[PDB]
**Student:** 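Dumping the structure here so I can ask a few things about it.
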There are 4 protein chains.
Amino acid sequence: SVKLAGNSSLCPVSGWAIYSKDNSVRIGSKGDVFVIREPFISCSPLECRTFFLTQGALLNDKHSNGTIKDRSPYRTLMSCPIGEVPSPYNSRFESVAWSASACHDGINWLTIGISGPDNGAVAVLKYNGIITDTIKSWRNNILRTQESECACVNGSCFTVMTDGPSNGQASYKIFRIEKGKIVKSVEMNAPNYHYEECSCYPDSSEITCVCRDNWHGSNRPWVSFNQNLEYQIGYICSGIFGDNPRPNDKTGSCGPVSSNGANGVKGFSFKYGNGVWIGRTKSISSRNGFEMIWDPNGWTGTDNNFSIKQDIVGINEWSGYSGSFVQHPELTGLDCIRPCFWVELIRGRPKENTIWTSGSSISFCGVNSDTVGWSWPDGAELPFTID
Amino acid sequence: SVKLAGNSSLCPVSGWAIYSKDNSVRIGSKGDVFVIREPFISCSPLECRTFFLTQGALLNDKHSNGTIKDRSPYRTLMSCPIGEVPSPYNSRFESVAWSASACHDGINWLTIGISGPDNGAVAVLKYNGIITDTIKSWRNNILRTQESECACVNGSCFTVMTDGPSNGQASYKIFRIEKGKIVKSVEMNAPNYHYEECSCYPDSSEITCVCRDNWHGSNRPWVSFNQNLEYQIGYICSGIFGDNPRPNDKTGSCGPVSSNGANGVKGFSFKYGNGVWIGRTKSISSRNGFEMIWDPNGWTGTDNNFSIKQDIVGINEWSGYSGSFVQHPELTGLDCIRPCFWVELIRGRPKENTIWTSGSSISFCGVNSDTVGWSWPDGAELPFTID
Amino acid sequence: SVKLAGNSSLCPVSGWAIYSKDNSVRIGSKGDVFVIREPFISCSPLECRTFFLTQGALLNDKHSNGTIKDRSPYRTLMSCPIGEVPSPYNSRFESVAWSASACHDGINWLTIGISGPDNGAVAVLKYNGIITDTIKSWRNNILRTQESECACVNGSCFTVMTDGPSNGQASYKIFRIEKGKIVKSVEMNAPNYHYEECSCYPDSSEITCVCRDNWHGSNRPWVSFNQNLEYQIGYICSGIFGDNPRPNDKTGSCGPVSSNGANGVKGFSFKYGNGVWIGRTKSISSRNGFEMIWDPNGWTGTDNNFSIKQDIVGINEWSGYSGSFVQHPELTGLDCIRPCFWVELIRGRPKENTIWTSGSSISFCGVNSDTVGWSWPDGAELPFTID
Amino acid sequence: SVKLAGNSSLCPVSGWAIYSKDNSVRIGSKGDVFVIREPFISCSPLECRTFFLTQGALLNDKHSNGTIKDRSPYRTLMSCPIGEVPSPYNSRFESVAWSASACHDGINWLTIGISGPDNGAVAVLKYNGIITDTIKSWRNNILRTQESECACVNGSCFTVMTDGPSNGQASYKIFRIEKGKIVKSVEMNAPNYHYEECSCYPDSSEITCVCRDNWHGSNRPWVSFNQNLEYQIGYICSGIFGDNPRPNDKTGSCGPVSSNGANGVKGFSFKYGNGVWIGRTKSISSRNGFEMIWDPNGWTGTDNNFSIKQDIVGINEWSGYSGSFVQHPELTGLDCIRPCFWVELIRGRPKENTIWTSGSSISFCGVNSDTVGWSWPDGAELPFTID
Ligand SMILES: *[C@@H]1O[C@H](CO)[C@@H](O[C@@H]2O[C@H](CO)[C@@H](O)[C@H](O)[C@H]2NC(C)=O)[C@H](O)[C@H]1NC(C)=O
Ligand SMILES: *[C@@H]1O[C@H](CO)[C@@H](O[C@@H]2O[C@H](CO)[C@@H](O)[C@H](O)[C@H]2NC(C)=O)[C@H](O)[C@H]1NC(C)=O
Ligand SMILES: CO[C@@H]([C@@H]1OC(C(=O)O)=C[C@H](NC(=N)N)[C@H]1NC(C)=O)[C@H](O)CO
Ligand SMILES: CO[C@@H]([C@@H]1OC(C(=O)O)=C[C@H](NC(=N)N)[C@H]1NC(C)=O)[C@H](O)CO
Ligand SMILES: CO[C@@H]([C@@H]1OC(C(=O)O)=C[C@H](NC(=N)N)[C@H]1NC(C)=O)[C@H](O)CO
Ligand SMILES: CO[C@@H]([C@@H]1OC(C(=O)O)=C[C@H](NC(=N)N)[C@H]1NC(C)=O)[C@H](O)CO
Ligand SMILES: *[C@@H]1O[C@H](CO)[C@@H](O)[C@H](O)[C@H]1NC(C)=O
Ligand SMILES: *[C@@H]1O[C@H](CO)[C@@H](O)[C@H](O)[C@H]1NC(C)=O
Ligand SMILES: *[C@@H]1O[C@H](CO)[C@@H](O)[C@H](O)[C@H]1NC(C)=O
Ligand SMILES: *[C@@H]1O[C@H](CO)[C@@H](O)[C@H](O)[C@H]1NC(C)=O
Ligand SMILES: [Ca+2]
Ligand SMILES: [Ca+2]
Ligand SMILES: [Ca+2]
Ligand SMILES: [Ca+2]
Ligand SMILES: [Ca+2]
Ligand SMILES: [Ca+2]
Ligand SMILES: [Ca+2]
Ligand SMILES: [Ca+2]
Ligand SMILES: [Ca+2]
């Protein structure tokens with residue numbers, strides 16, 4: 001039993017092979033499946049698990065009513081083996097939460113679950129299911145975190161949290177956590193930046209996060225840092241805009257792109273030098289479709305040219321949140337950190353005429369062997385009996 | 001694999017961080033969830049489990065009819081991982097019982113399950129699921145026990161049982177149990193006292209129990225003892241009355257407070273010198289709401305002043321039973337015994353127009369980092385389809 | 001990991017403490033519970049499991065139709081932890097079978113499952129879930145076995161099988177099995193005897209079986225043997241008749257009691273010298289009620305006097321099959337083999353107006369501490385929605 | 001933990017003893033059971049598992065509509081313990097796939113799952129649930145594989161894949177895989193042959209596959225090879241034709257039998273010198289019934305005589321796919337590789353008036369002790385409530 005090193009580089013990849021699909025909503029039509037949203041994947045040296053925020057209710061039951069709502073005392077962070085439907089019969093309880101993160105340092109699971117009132121939320125940190133720390137809202141305005149896996153390097157795991165307005169300047173903090181205890185934090189000095197729901201991963205002993213600007217950027221902000229939390233900040237320069245909503249592709253900016261900049265969706269990207277693997281919706285205006293784009297100079301370059309595009313979900317199909325997750329050499333036996341990603345497929349409100357909102361998931365892992373584009377949509381037929 | 005020492009002191013705490021919430025009733029609207037009551041939490045060196053008394057039926061089924069009833073041949077003690085719904089598909093069978101206790105000595109689980117007729121009930125003791133002892137009613141009047149975890153110190157576990165009237169003087173016995181075998185017992189000499197449903201915990205090699213006086217006390221009786229069963233008795237002196245029902249807060253008594261003293265509810269409190277952490281309903285007349293109060297001299301002082309109050313369940317929401325559970329250093333890695341507590345959220349009869357009665361649960365653990373008050377209620381919408 | 005010795009004597013006991021109750025039928029009203037019958041319990045050095053013959057269908061589903069039928073290609077032997085409901089979600093598959101036995105030798109599980117046509121049934125023997133042997137019908141007339149646990153001594157396990165008429169002289173064979181392989185068998189020379197559904201247990205290195213005479217005995221036949229299959233045969237002499245149906249208690253016989261001798265029910269008894277613990281229905285004419293009787297000279301004496309009687313199921317409640325199971329010192333840490341027993345509570349056809357037949361179960365273990373009589377019935381309300 | 005040797009010979013067997021039956025469709029009438037097809041069994045040194053292709057839906061739910069369809073983005077390869085129903089609550093997720101294979105090399109599970117578009121499908125290979133390789137369609141015409149277990153010898157596992165027309169000459173490749181990585185492949189030079197859905201097993205360090213000719217053969221093609229992929233090809237010569245559909249038994253051919261040669265069904269056979277154990281439907285025109293036939297010179301001889309026939313499923317009952325699986329000495333303790341087989345029992349479309357298509361399964365293992373023929377059919381009553 002040993003700590004993840006996290007000191008090797010990210011595996012370069014040429015394409016994405018499908019890894020999992022849970023068909024949660026299709027199955028929940030009859031089976032006992034949690035109403036969920038904000039799912040994410042995270043692995044240990046032994047297994048990969050799907051984490052998710054339940055709504056404390058099951059699909060096709062009356063208690064799924066009004067589940068478009070983001071926060072409540074009923075939401076809980078739970079997890080199950082990857083690819084399985086989130087059910088009360090196969091799910092491990094993690095924490096009470098309407099915002100969350102989780103990651104394995106090689107020894108145990110760290111989970112972070114935020115609950116409580118909007119004006120004084122509290123993040124409860126657990127290590128091996130034991131409460132080890134808490135951090136309370138410092139701006140009294142919806143303390144919130146990744147909704148994807150934290151990143152671990154040599155026994156230290158890192159996350160980002162935000163507190164403050166969703167439509168203006170907020171406050172962003174980076175945390176270093178050891179055995180579930182916060183050992184260091186720093187507030188990012190990022191005037192005119194907006195960070196939410198960061199997708200963070202380790203790469204050569206350091207952490208890179210690609211996040212969501214809900215205020216005024218249709219491209220994605222990023223923050224990178226070493227174990228001592230010495231950080232750098234910026235925005236993805238590519239004219240291949242990564243957020244949703246967004247403008248049509250055109251000349252980009254290394255700062256926040258104001259056009260269609262308000263609102264957004266959780267997403268991710270993988271940096272490789274000046275290049276970037278961009279995951280994004282296919283629609284510029286709604287959470288529909290998904291695609292992976294390789295842009296060889298997209299991290300630092302502003303043009304809208306790219307080299308590779310791989311279809312993941314058809315433009316006429318619902319998508320939603322997406323996030324990175326990695327597989328360490330301790331798990332794979334490789335000499336690099338393998339990048340994977342998941343996509344949330346959201347069904348129900350507000351776009352569909354149901355009483356409920358829930359999602360299923362798909363995931364892919366990066367490879368250098370042959371791959372293919374396609375569409376792996378949710379596939380449920382709405383409305384349900386309960387609607 | 002080693003016996004719990006139980007020789008360190010109780011961890012002082014400034015607040016309570018939320019630990020679990022199962023949403024059992026909300027989920028049971030569709031899912032296969034046991035009708036239950038009298039749940040409690042108990043931990044081993046490895047995990048924490050929710051124990052509970054089923055009614056041998058599932059929610060939203062006709063067999064849940066009449067489950068306001070306390071005792072029957074169908075009630076069974078079962079357990080599942082903390083935070084999960086009590087289902088036939090994830091629950092371990094423990095014992096046949098309509099009253100129960102359980103605890104882990106560091107090596108194995110001890111469970112105590114009382115079943116049989118009101119005039120001759122028998123407690124069946126199990127160690128690692130094997131019957132190790134029995135104790136039969138000695139007053140022929142509803143032998144009954146904790147409905148929360150027993151307490152273990154250096155290979156010996158302790159509990160309290162009551163036999164006799166619920167509305168007058170009864171008989172109370174303390175038991176010392178080793179590997180599931182009763183090695184010693186003593187009858188408490190407590191004229192004018194009434195003890196039921198004790199919440200007991202270890203603290204510096206000795207046991208402290210805070211219980212329910214159903215006869216004539218609106219404050220809570222307590223009994224403490226060493227491994228030798230040499231005991232002391234009294235009542236919590238604070239004018240912050242702990243039982244339900246109870247009078248409005250006023251000058252208290254170190255004896256039983258007669259005002260609104262009849263009837264009651266299972267509860268708990270944590271002693272710290274002259275001070276006390278009091279968990280109680282918010283309503284003085286019904287099982288509604290829940291709050292934690294820190295009263296620096298409430299154990300021995302009679303005034304109605306206090307220093308800290310933390311909201312747990314809103315006054316307009318149903319609560320019910322509550323009980324202590326601890327986490328030992330063998331589990332946490334701390335240098336003290338950590339105090340936690342659970343709350344039963346009762347739904348159905350008699351206050352609601354259903355055919356059934358059942359509960360869900362929430363739990364919290366004590367910390368010295370930042371916390372927040374809120375309301376984490378049951379959240380089910382009654383009546384159900386079966387009603 | 002070591003073979004059960006089985007060389008200590010049976011623990012003498014003064015009473016029976018309740019061990020488990022699954023409430024299968026009550027729960028199956030909504031939950032996904034197998035339609036079953038012929039359940040039995042058996043333990044390893046680590047755990048105790050309920051074995052049972054499914055009807056390849058669930059309660060309250062149309063496929064439960066006609067399940068009064070004894071034999072079909074759909075019946076399967078499965079098992080789950082004791083006290084849990086037999087569900088597709090918690091049950092281990094053992095074998096395809098409409099008659100069965102099983103037991104643990106201390107190393108692995110032996111299971112015996114008989115399937116195939118009435119005129120050529122085949123018993124499939126498995127050791128650790130791997131087929132190790134088969135034995136085919138030798139009289140071409142419904143090869144059938146214990147429907148309770150086989151008995152193991154020093155790495156050898158033993159069972160009894162019957163082939164031939166249910167209403168006249170049949171053929172009875174004893175088998176010695178090692179690691180799932182039949183190493184020896186012998187045909188019992190028992191003219192005028194009838195043996196079915198034996199309840200066998202180990203006691204001082206030898207095996208004692210108490211069985212069912214379906215031909216012409218209202219008392220129970222027995223067969224005992226050593227590891228070399230050298231056997232003795234007889235009938236329980238007590239005037240406290242053990243079968244169902246049976247006459248009112250009166251002077252008994254050490255041979256088959258012809259009065260009400262036809263038909264019967266699976267049962268058990270524990271021999272202690274000239275004495276016997278008798279488990280039986282309360283009704284002399286139907287499968288209702290259950291009681292344990294201690295008759296100090298009932299094994300060899302013909303009078304109808306007895307010393308102890310303990311109620312188990314009320315006479316106005318349904319019972320059914322019953323069988324012995326033991327707990328070895330390797331499991332309990334005792335210096336003797338502890339006797340326990342289970343009772344099948346049959347609901348549905350032919351006595352009740354349903355389309356189906358199924359059972360739940362209760363179990364008890366022998367102790368020398370205080371116990372109490374009561375009634376722990378099935379408790380389901382029939383008919384069900386499907387009827 | 002050690003690699004399977006696979007160097008012993010196949011165990012000669014005289015008959016087949018029933019091993020498992022899951023009753024999936026009967027149970028799925030009420031329970032939460034996946035709609036599935038193309039099930040198969042495969043074992044490790046420790047356990048045997050049922051693999052299967054779900055339709056991302058449950059029985060008796062509207063999402064089972066149209067499941068006669070072979071390929072979709074919703075189909076997933078999952079597995080559960082043998083004999084258990086495939087449920088979301090007991091099934092492990094393996095891969096996203098509408099065609100698949102899997103096998104254990106003694107250390108870990110290899111799974112192969114093909115998904116993507118018909119004109120560019122991709123096989124994703126996993127070792128211990130981690131993606132280790134991919135192979136993409138080379139003829140752009142429905143890349144497809146075994147639908148039964150791959151075969152492992154000394155740390156190398158082997159499979160066969162096909163790409164191209166289902167009604168004419170296609171392309172067939174053999175693969176050698178080590179720890180989930182393709183280390184060698186070769187295209188079979190088989191003009192006028194057609195290979196699909198091979199059932200492959202190890203025997204004396206080499207691999208033998210019996211497959212399906214969908215083009216123009218009513219007998220079955222075979223391919224055998226050593227670890228070096230040096231292969232031999234041919235057709236089973238016996239006049240006891242093995243495919244479905246097929247002509248009435250008559251003089252056979254060692255080449256493809258054109259009569260009723262178009263179309264077919266997945267099947268298997270076990271070679272013993274010039275002899276062959278043939279598993280086949282009972283009907284020559286439809287997927288009904290199943291039987292095992294021993295033909296002492298059927299591998300190389302063209303006559304229609306045989307020595308042994310054992311009934312498995314009645315001619316008036318539905319069958320479907322069938323495939324071999326083996327149990328290695330590492331699992332059984334035998335000095336040979338034991339032959340077993342499974343049968344898919346298909347219910348629904350196109351032969352039955354339902355909206356759905358799904359299957360249950362039975363399995364048998366070869367023995368030299370006594371066995372019996374019978375019929376162990378699916379047993380579900382169609383249509384269902386959803387139809
Ligand atoms: C979910 O919530 C909606 C809104 O409360 C429910 O629809 C309402 O039903 C109530 C009671 O019949 C009426 O007073 C309103 O007119 C309805 N509102 C609307 C907008 O239709 C709905 O019944 C709930 N669904 C379930 C399954 O409980
Ligand atoms: C169980 O079986 C019985 C007997 O087949 C079914 O009752 C029959 O229903 C059929 C079709 O409606 C009628 O032809 C007969 O008149 C009925 N027989 C009797 C004795 O009532 C019954 O419907 C089945 N139950 C279920 C749930 O499938
Ligand atoms: C308030 O909305 C935020 C979150 O956005 C949304 C979404 O579907 O866009 C889901 C979350 N739901 C949950 N995590 N439960 C949010 N975040 C929270 C904390 O509400 C947003 O990033 C603006 O601040
Ligand atoms: C008789 O009522 C006692 C118990 O009261 C409570 C209650 O909700 O107040 C539930 C229990 N239900 C169960 N434990 N099943 C009781 N205790 C019993 C043994 O009935 C009380 O303490 C008075 O003696
Ligand atoms: C034929 O009846 C025999 C069995 O009896 C009965 C019963 O409820 O009485 C249940 C069984 N059901 C099953 N084991 N499935 C039987 N035995 C069998 C093999 O049918 C009897 O002992 C006479 O020979
Ligand atoms: C196209 O049909 C092929 C397969 O046929 C069968 C069948 O029931 O006959 C089911 C499969 N279903 C799945 N494996 N999902 C097929 N194979 C595929 C890849 O569709 C056939 O062998 C001809 O090429
Ligand atoms: C990464 O960490 C491992 C484990 O400590 C160490 O042995 C190795 O030197 C590091 N790798 C590199 C490339 O620095
Ligand atoms: C508590 O028990 C432990 C374990 O035996 C012992 O080593 C230690 O001395 C004790 N601690 C105190 C403070 O007495
Ligand atoms: C029973 O078997 C044990 C284990 O082999 C042996 O040591 C012991 O002598 C036996 N007990 C008796 C009473 O003979
Ligand atoms: C088969 O493999 C085993 C394991 O390596 C080896 O020891 C043995 O010699 C082989 N058996 C034969 C018959 O070659
Ligand atoms: Ca934005
Ligand atoms: Ca570019
Ligand atoms: Ca009171
Ligand atoms: Ca005070
Ligand atoms: Ca259900
Ligand atoms: Ca009889
Ligand atoms: Ca007598
Ligand atoms: Ca063909
Ligand atoms: Ca021949």
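Throughout, a chain's letter reflects where its sequence line sits, starting with A, and its residues are numbered from 1. The figures that follow rest on heavy atoms only: side chains count, while hydrogens, waters and symmetry mates do not. Just so you know, ligand 1 is whichever comes first in the structure, and atom 1 is the first atom listed for that ligand.
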**Student:** Would you happen to know which of levosulpiride, laninamivir, phenylbutazone is at ligand 4?
**Tutor:** laninamivir
**Student:** Quick check: main partner chain of laninamivir (ligand 4) by heavy-atom contacts, named as in the PDB entry?
**Tutor:** Neuraminidase
**Student:** In this structure, which other chains have a heavy atom at a distance under 4.0 Å from laninamivir (ligand 4)?
**Tutor:** B
**Student:** Please determine whether any non-hydrogen atom of B:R287 lies less than 4.0 Å from an atom of laninamivir (ligand 4).
**Tutor:** yes
**Student:** Compute the shortest N/O to N/O distance between B:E147 and laninamivir (ligand 4) and return yes if it is under 3.5 Å, no if not.
**Tutor:** yes
**Student:** Starting from atom 18 (C) of laninamivir (ligand 4), find the nearest protein heavy-atom neighbour and note its residue, name and distance.
**Tutor:** B:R71 NH1, 3.9 Å
**Student:** Give me the residue, atom name and distance of the protein heavy atom closest to atom 24 (O) of laninamivir (ligand 4).
**Tutor:** B:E196 OE2, 2.6 Å
**Student:** Under 4.0 Å, heavy atoms only, figure out whether laninamivir (ligand 4) is touched by the backbone of B:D70, its side chain, both or neither.
**Tutor:** both
**Student:** What residue and atom, counting heavy atoms only, is the protein's closest point to atom 7 (C) of laninamivir (ligand 4), and at what distance?
**Tutor:** B:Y321 OH, 3.0 Å
**Student:** Within laninamivir (ligand 4), which atoms have a heavy atom of B:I142 less than 4.0 Å away?
**Tutor:** 19 (C)
**Student:** Give a yes/no verdict on whether any heavy atom in B:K266 is under 4.0 Å from an atom of laninamivir (ligand 4).
**Tutor:** no
**Student:** Report the member of B:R75, B:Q55, B:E197, B:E344 with the shortest heavy-atom distance to atom 4 (C) of laninamivir (ligand 4).
**Tutor:** B:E197
**Student:** What I want to know is whether B:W98 and laninamivir (ligand 4) share at least one N or O pair that is separated by under 3.5 angstrom.
**Tutor:** yes
**Student:** Looking at B:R212, which atoms of laninamivir (ligand 4) are within less than 4.0 Å of one of its heavy atoms?
**Tutor:** 5 (O), 6 (C), 7 (C), 9 (O), 21 (C), 22 (O)
**Student:** Any chance you could list the binding-site residues for laninamivir (ligand 4)? Cut-off is 4.0 Å, heavy atoms.
**Tutor:** B:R37, B:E38, B:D70, B:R71, B:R75, B:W98, B:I142, B:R144, B:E147, B:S166, B:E196, B:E197, B:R212, B:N214, B:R287, B:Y321
